[PDB]
Amino acid sequence: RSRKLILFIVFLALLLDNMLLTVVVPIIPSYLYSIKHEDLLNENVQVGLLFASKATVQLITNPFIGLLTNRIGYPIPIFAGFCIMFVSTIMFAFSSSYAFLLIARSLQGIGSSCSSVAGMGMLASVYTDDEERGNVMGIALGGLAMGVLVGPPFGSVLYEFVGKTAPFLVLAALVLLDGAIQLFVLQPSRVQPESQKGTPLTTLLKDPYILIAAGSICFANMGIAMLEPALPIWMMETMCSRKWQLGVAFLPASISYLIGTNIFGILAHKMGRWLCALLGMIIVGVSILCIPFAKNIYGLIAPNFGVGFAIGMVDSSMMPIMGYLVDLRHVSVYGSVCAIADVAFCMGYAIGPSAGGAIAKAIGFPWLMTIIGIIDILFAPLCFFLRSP
Ligand SMILES: COC(=O)[C@H]1[C@H]2C[C@@H]3c4[nH]c5cc(OC)ccc5c4CCN3C[C@H]2C[C@@H](OC(=O)c2cc(OC)c(OC)c(OC)c2)[C@@H]1OC
């Protein structure tokens, strides 16, 4: 009856959430191109809306699930989001209709948000010690980040080796194992009238100082959000990739993310968070500019590594400064940093792929990548105001 067990269930829950969020990336455009082979960019823009559907649904849903966890209890909605995730797995596996894909992703968003809120809530509640709670949240988020490293090569290899249905089924089997673990971990379900601070996050979002860092993360991951759906079609077109290099194309970004965060989480505190974020944004800009420069799959290993490393740079700079500013000049509560980070990520993935597809409909991929480079460069100086809050 170890608490580390519940840590394991929540860890694998959000890890599986990201893994399923990510393995869907290099396969759906293949579906759409294959179906349409037997309105050329309408499929691309509807892919962009498909990717943005989860972000929009989660953004709308998060207050509702927060209130629901406040009112009815902690154990019920995690299992509800579990069942939702299982339905999403089955719809990705067996269903092949585009509208079915939109419904599956939109449904998936609710369960993903519900897990990402309520599991963190239990992880904080059971872990009474504040420092212990903080470091366990850190390791849970580290697994959350490592899930998107696991995802893409797994999905691409199982897409090419077996077919269109095998890897979603493997993810579904992982879902069932997770649910068995969750059910066996906790036999009873309690109402859990946990007490929480009444100060909301709308005041935190209203502050420009937090908003600058939130926007920094927003565009920093809007780069990768816009990078997600365009690359597969960009490799089917004028690139003649052999239908499997998608996973090995996205892998360097993830591995660079993990190595950069792991090697700068101890250094950004020493050297300075504001200039660290400044350099991170500059590196995002230059790598994003250089992604069009590559003309072969071998070439893309460098700029993807750069953008992943720089996104890790920005995250390592900006994750602790949220809590620092919140403790300095706002309500001293835990979990609001996670809430503001989540709303920033949802914002970015809401307008990332949608605007990416909208631009790609009439403007080519090179100008898209360059222009988001200009937004990155232009946003870089605004981080200087964060040096002395
Ligand atoms: C898409 O999936 C995501 O959206 C997550 C990742 C996004 C993003 C990403 N996508 C990729 C897709 C690729 O091929 C398609 C290749 C590389 C990447 C990378 C590298 C960079 N990155 C990692 C991922 C980062 C995740 O978020 C957090 O790890 C996080 C961390 C925190 O502290 C560290 C938080 O605060 C305590 C927090 O609040 C909830 C969230 C993020 O949200 C869940």
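Following the PDB entry, chain A residues are numbered 17-54, 123-473, in order. Counting starts at 1 for both ligands and their atoms, in listed order. Heavy atoms only: backbone and side chains are in, while hydrogens, waters and symmetry mates are out. The header says electron microscopy, 3.7 Å.
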Drug name (ligand 1): reserpine
Bound partner of reserpine (ligand 1), most contacts, as in UniProt: Synaptic vesicular amine transporter
Organism of origin for chain A (entry): Homo sapiens
Non-hydrogen contacts under 4.0 Å, reserpine (ligand 1) and UniProt TM segments of chain A: 1, 5, 7, 8, 10, 11
